[PDB]
Amino acid sequence: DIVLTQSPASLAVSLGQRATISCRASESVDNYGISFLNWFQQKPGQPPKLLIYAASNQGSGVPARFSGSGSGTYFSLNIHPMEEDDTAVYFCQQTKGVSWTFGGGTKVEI
Amino acid sequence: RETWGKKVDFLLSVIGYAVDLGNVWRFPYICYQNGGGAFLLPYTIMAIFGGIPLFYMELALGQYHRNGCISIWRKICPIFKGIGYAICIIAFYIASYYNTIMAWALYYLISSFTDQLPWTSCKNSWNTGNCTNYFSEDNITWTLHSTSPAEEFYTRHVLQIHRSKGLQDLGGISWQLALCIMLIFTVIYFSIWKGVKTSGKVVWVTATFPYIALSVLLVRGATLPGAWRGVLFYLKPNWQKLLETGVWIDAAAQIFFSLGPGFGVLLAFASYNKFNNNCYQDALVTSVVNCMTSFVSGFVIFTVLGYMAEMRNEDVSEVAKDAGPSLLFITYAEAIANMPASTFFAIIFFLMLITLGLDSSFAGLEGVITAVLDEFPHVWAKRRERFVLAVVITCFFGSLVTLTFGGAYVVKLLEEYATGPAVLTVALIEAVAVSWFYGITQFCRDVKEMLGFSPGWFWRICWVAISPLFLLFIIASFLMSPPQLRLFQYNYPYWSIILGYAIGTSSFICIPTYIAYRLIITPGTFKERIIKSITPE
Amino acid sequence: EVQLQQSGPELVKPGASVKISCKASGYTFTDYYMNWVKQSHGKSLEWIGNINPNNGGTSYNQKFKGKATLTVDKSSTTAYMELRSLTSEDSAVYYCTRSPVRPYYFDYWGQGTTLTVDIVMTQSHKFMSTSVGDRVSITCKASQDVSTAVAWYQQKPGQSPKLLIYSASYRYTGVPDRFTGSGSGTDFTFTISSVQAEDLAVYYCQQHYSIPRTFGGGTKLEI
Amino acid sequence: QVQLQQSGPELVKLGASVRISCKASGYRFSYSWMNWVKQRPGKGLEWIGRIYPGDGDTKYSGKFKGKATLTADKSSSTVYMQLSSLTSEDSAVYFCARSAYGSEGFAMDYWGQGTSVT
Ligand SMILES: CC[C@H]1C[C@@H]2C[C@H]3c4[nH]c5ccc(OC)cc5c4CCN(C2)[C@@H]13
């Protein structure tokens, strides 16, 4: 099974500063040229909203502040200068079967 | 000089080369377009007048000389020794074509062992957005940009074609095909590396198992519903379509590639035995068994499409218009998983489809390897075992052009020109050189001394009048209209179509190059330099 | 939601070229076929051609090889149909349509514009009738074997056709419960449960099994 | 518009069983994967299972194979996750998700309201 990890566990993103959230893995997830790693958004009491398709393409109803890139065993969720309204924990999925697994999660807030 | 054993092995060796995976593509793909039964009639007419004589001319020629494809022309007419080189260069392009295709079929054979054939459900690896192939009770519609699981499977699980955009931008290599392609050259190595004496036993199984597998596949589709519609769709003649010139050219074209003279492979086979009083009996059976085998071949495909077309609520026409291979790798694959007897016939068809290629691919290298070794005895005497390794590795890099450049953009472009006027140009000059300059009275003499009987005044009429006319007809058919082709809603640009024409054009540049070479180094005057090159023996 | 708006009518001299335009809305222009249909005055309907806006490909009946050419412009969701060698036989009403893949059927229909200057189907008498509310039936026969690939239409006076029955046995969306159907191979039947006065219109029996799209002779129920 | 509607919450006795529903609407549910995930209070996410309506094939991991059974019905436009042998460790909310199509990486597009199993 593919094990996903994240760091830093809690990012002290001051208001108006850039933030980057990594997603390390044992594999080697690049299969058929499509990056099988994605990003979601949770708030207290809200559903896990979609953020990024294939770790590089913005999502439906997702602001343009959120984006990503990378190749191989290391991606990064590059985010424009955040506001307090973007307080949310971001999780890294892998959609490369057999199993689909998730990351530990990092708290990104003001 | 080593000789071959039982007469029949020969017959299995040649027919295994005569029938291949190409006949499963083009023959059923071209017939219904030219009117089904309206195409089988000219296919039989041109086979009698055009097919057999060019087929037995090459087998009868190698029977008498026993020199291969290069050294033989030192005896026929020295000005035509460049034909064997032209066959070698063209062989390098066809060796790549053929060898990569089997990697796509070997990818299925390894995957076909699983009981759940990944051909009906877009499970967690496909472009499932445009995937729908469960024809339920009228709660579906098929959009133009929509596809099926098998269309996606041959698209982005064999080729991985989405990695690349076209001929102008080429992708990487698939790891699965990289392992499949090496296993193909492995068996091709040992079959010829052990020697032509041992290749007779490799064709013993590979040239006979497809005929069994045709029966294994024919009984299934025939006993199911819809077969009457499939057979009717195929054999129902469209008589007025025969009046078009395209039907006659396609009929003359099919017999050429079905039999395959001019490729040097048939010539090399006859060079390993005297064939006293048995050559005309052997070659004549191949031409009819080859034409009947292709008839049975397409008869199985549409027999299986008929059961679908009953399920699909549509006619077999306008189904998979894309291309020959894309039809078979996708459409016929769908039917296997839709037949209740799946998990078995997925192995049978894609074990014969590889065997038809392998048997025909084994024979291909023998024509080239027989040619060069007959010229260089210092290689044949001691490096005959090493020379095969040089060709297989050479063919490996030849096949690598497709795999590590993204997908089938090299194959379909190389398809239309690697076997274009170049192979017909060779086949033409082999007929002209052996008949006109080299006296056909002498060739008819050389054959009738070996066979104890002469076929002259029937075949000869065909050899000097019918053969150059109906080989020049296929040349004149190609210069009229440029085949602007396509692949999966992607039209090829102009510079690549000229590149394929340039590769096909340069593939037979050996025979003007060699003639120009000898006429410069040859001493004498303009008339004398030409006579020395033409002087037989 | 979907609409197909043609241009107005026009008269062209015999032998000269004539053109008709059609704009589409309410649906993606590239996700369907833009087909055209012919209506000789006082006769049945007849298929003209097909267009693939994704690549500009076309496919059309063999009778329009030297009469018409088809094309579109996806940048404006507009469709054109160019005719040449116009003659008196071409006085007809042409329809702009939407057609998805596998029912090889006409989803919706435009309003139709007037122009002034294979497997076939057959039907029974065009004077079959009965009182309102009675069970009605229409007979349609095929010249060849077509498994279930048949549909049925309704063309009121002065209006365009409309898809009513689907695959010869199911009623398309937007169709009341009154109409039903059945058939297989060559025998096809169109029934009406409790026919009403509003159903007094001309019907057609389409061939979906293979291209070219062919229709029947056409019959009307009155009463 | 697309939406995923679950059932209501339910209290659990030690060793009992629950039956969560999830109705799909507004898309071709029969050609996508229906997901199931845990959201334990204080931890991240934990994937439970997945199923393709139309075929019935299921794939599990994370030791949920010995606790969960999942089915679907294409005629009702629903997917039903069944769970047995529940305990305090299973005290968490469970979400239902629509898997995007594979060309985009199966990013779970839309979600249900979530139901508490405690
Ligand atoms: C009998 C059917 C014939 C029609 C086409 C040409 C011919 C042929 N010539 C070759 C020469 C070399 C080679 O490998 C080194 C492969 C081939 C083949 C492949 C199979 N076919 C394709 C035969």
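The chains referred to below are lettered A, B, ... by the order of the sequence lines, with proteins before strands, and numbering in each begins at 1. Indexing begins at 1, ligand by ligand and atom by atom, following the structure's order. Below, each value reflects all heavy atoms present in this structure, side chains not excepted, and no hydrogens, waters or symmetry copies.
PDB records give the name of the drug at ligand 1 as ibogaine. Here the macromolecule with the greatest number of atom pairs within 4.5 Å of ibogaine is listed in the PDB entry as Sodium-dependent serotonin transporter. Heavy-atom contacts below 4.0 Å between ibogaine and other chains occur for B. In UniProt's N-terminal ordering, chain B has a heavy atom under 4.0 Å from ibogaine in these transmembrane segments: 1, 3, 6, 8.
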